[PDB]
Every structure is written in C-alpha cells, then in structure tokens.
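Here the structure comes first, spelled out in structure tokens, and everything after it is commentary.
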Amino acid sequence: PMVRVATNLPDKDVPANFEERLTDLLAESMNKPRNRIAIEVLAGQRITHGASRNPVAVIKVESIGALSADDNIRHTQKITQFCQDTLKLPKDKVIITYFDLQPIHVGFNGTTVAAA
Amino acid sequence: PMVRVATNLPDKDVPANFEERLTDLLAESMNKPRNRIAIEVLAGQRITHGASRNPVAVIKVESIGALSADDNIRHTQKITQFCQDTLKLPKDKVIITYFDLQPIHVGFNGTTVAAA
Amino acid sequence: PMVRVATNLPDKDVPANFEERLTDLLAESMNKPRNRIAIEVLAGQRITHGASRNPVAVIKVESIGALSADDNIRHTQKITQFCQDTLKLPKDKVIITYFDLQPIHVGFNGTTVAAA
Ligand SMILES: NS(=O)(=O)c1cc(C(=O)O)c(NCc2ccco2)cc1Cl
Ligand SMILES: NS(=O)(=O)c1cc(C(=O)O)c(NCc2ccco2)cc1Cl
Ligand SMILES: NS(=O)(=O)c1cc(C(=O)O)c(NCc2ccco2)cc1Cl
Ligand SMILES: [Zn+2]
Ligand SMILES: [Zn+2]
Ligand SMILES: [Zn+2]
Ligand SMILES: [Zn+2]
Ligand SMILES: [Zn+2]
Ligand SMILES: [Zn+2]
C-alpha cells in the first residue's frame, strides 16, 4: 500500500510516530506486511474544503487489492478515527480516495509486482 | 471533487483567494456542492515540462462522476482560462489529469460515499 | 506523461539535471515527445517505508498508454537504475505506481487530448 496524507495542520502537529502508527493500522486492516507499506506526509500545506482553511486531511490510499466495497468501509472508519485521535480533526474533515491497483501497474525492487 | 494544483510559481504568486475562486468555478462546471470540494495548492515546487523550468501548473481533478468526455472539455477550458487569468500562465502551460471515481473508493465522514 | 518523484532525501541531494535526465529516460522508454513530459520533484518530504525513514523514492507515472505490462517492466528497470545512479538509492527503495489514462481524461492546451 502507498498512502499519502496531506494536511493544512503544521508539521509540528503531525506527531513523529504518525507514519509508524498508520503503517500498523493499514497492515492489520489490509492484511499487508509492514515492509510493503509506504506513507507520505505533507503537512503545513495550503488546503481548503468548501473554500474553508479549517484543519482538514486529504488522503490517498493505493493498494494491490484489499479494497473491496466492504473493506473500504472498514479502512475509512479506522483511518478516520485515527486522524481524529492523532490530529484532532473532526470526523467530517478526513477525505480519502482509494485506488485499487493491478500488479502490472506497480514497480518495486526494479521490476513490476506482476513480473516478480 | 478533490483537486490538487501544483505549480513552480512562488506561493506569493498564487493569490489567497485562488482556492475560493476555483471552488466556485468547479461547483458550477461540475454541478457539485461547495461542501464537497477540496482543493490542495502546492506552489514553489520543482516542476519541469519538456525539462523547462518555465511557469507551469500540473493539476489533478478527482470526482465521483461529472467527468464525461464532454464535461472534461468544459472543465479544461474553464480551469485553463482561470489559470491564465490568475496565475498568468500561458494556455499551453496547464496540464490536467481527471480521475472518475466510484463511490466505493471515496471515504468521507467516517465511511464510504457508497455506504452513506 | 506526468511523473511525480517524492523522496525523503533533501532537495540539495537531487541534482539540478535530475529532471532533464528523467525526461530523456521517459521519452525514450515510452516513445513520447519531450514536450509532452512533465516531472514534479518533491524532496525533503516525510516518507516512511516499513515505518523506516531510510532514503526512499515514491514515484507516480501517468501516461496516455505506453504502459503495457511489458512496457512497465522496462520503465521500472530504467527508473530504478536511474534512482540508484543519481540518488544513491538501493534497488528496493524505489516504489513506482503507473496510471494508464484515456485521452478523454487529460487536459492540455485548453481542451482534452481526445478533443485536440
Ligand atoms: N508483496 S506483495 O506482492 O503483496 C506487494 C503488495 C503491494 C501493495 O501495494 O499491495 C506492493 N506495493 C508497492 C510497494 C509498497 C512498498 C513497497 O512496495 C508491492 C508488493 Cl511486492
Ligand atoms: N455529496 S456527494 O455524495 O455528491 C459526494 C460527492 C463527492 C465527489 O467527489 O464527487 C465526494 N468526494 C469526497 C469529498 C470531497 C470533499 C468532501 O468529501 C463526497 C461526497 Cl459525499
Ligand atoms: N502528444 S500526445 O497526444 O501524445 C500527448 C500525450 C500525453 C501523455 O501524457 O501521454 C499528454 N499528457 C498531458 C501533458 C503532459 C505534458 C504536456 O501535456 C498530452 C499529449 Cl498532447
Ligand atoms: Zn518535520
Ligand atoms: Zn478484502
Ligand atoms: Zn502561503
Ligand atoms: Zn466565492
Ligand atoms: Zn531546489
Ligand atoms: Zn537530455
């Protein structure tokens, strides 16, 4: 899984253990090994929602599978509660997009996943 | 809609009202509510186009629908004109990718849009 | 092609010719014109892989075709080698996602590529 979390909260408000904790959360919920999860964090960024600059996170989650309709309900509930607990965001200021990828469209260790 | 606008123009050159005006523009062009529109702006960034560092914008627009072939002609005309007016970019310096999402792949308010 | 290279390596460590040389690399690999290749470089960013902050690059490659299964093996080999050479990254610290776009989802010069 490859996750990007962007927020307009400052970098000092996104704790240093955020990526590690999010890596544990997605490992368990997506059944993926920790060494196949990458997390990008972009804090202090300009972001609006409804043109408001109130605190918000916009997250992208890519994975090869593990993204059925029902799995995404569960990942959304978990990531949303996690951002509430760690970033203090309201439950309605966490916007997530999922991308279910084929292994032909992922490169790792110098070739595609499909070709590994 | 979840929109990301990246530019090599300095942050001081993307006016504070950019997100507001672009929110209004996309609400009208996509027939989407203002409170379902998020805009990320990333200025001051390293970007090249044909390896040139001349001013350019690279924009991603995600939406659940409202992205037909015909719709996308209208969004591109409107966004490209808006970047020309506000950022002074040439008409051939605004690069846009559209992602038409299913509602099972968007998380908002703690569950998927499909499950809401 | 529209390529995003994010890395936790500092900006001073990503050479000023990085984008020139990647633009040549992608033009030859994908058989796409140099003036249809944009690259975004986001260095100095928070990234973990397996929760490690060791040096890593997370890259997204979007293209109107040229991303067959076999094509993606070649692009992964070349881009991974290229990051080993220029950024001093290990082979297993280069994570790539490919997105194969329809021309109705790409806006350039004020209209879609499909409608050019
Ligand atoms: N190991 S796997 O086939 O389940 C696998 C699964 C995935 C996946 O994203 O599901 C993947 N994504 C790219 C990546 C992220 C971090 C390191 O490589 C790579 C691999 Cl090898
Ligand atoms: N209201 S809606 O069902 O048309 C809707 C539609 C969309 C959409 O993107 O089309 C959407 N994207 C996620 C989001 C962006 C900003 C706040 O939530 C969310 C919702 Cl709830
Ligand atoms: N020339 S083309 O039809 O093969 C073409 C191909 C692509 C493509 O991405 O394959 C494309 N992407 C948008 C873009 C990137 C840089 C400048 O415009 C645009 C065009 Cl016009
Ligand atoms: Zn920091
Ligand atoms: Zn599942
Ligand atoms: Zn600013
Ligand atoms: Zn307004
Ligand atoms: Zn620099
Ligand atoms: Zn060259």
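Numbered from 1 within each chain, the chains take letters A, B, ... in sequence-line order. Note that these values count all heavy atoms, side chains included, but never hydrogens, waters or copies made by symmetry. Remember, it's 1-based here, ligands and their atoms both numbered in the order they're listed.
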Please tell me which drug sits at ligand 2. furosemide
Identify the main binding partner of furosemide (ligand 2) here and report its name as listed in the PDB entry. Macrophage migration inhibitory factor
Enumerate the other chains with heavy atoms less than 4.0 Å from furosemide (ligand 2). A, B
B/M2, any N or O under 3.5 Å of furosemide (ligand 2) N or O: no
What residue and heavy atom of the protein are closest to atom 9 (O) of furosemide (ligand 2), and at what distance? B/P1 N, 2.8 Å
Would one find an N or O of B/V106, backbone or side chain, under 3.5 Å from an N or O of furosemide (ligand 2)? no
Geometry only, no angles: is B/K32 polar-contacting furosemide (ligand 2) at N/O separations under 3.5 Å? yes
Top protein contact for atom 7 (C) of furosemide (ligand 2), by heavy-atom distance: B/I64 CD1, 3.9 Å
What is the residue-level binding site of furosemide (ligand 2) with heavy atoms closer than 4.0 Å? A/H49, A/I95, B/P1, B/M2, B/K32, B/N35, B/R36, B/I37, B/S63, B/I64, B/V106, B/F108, B/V113
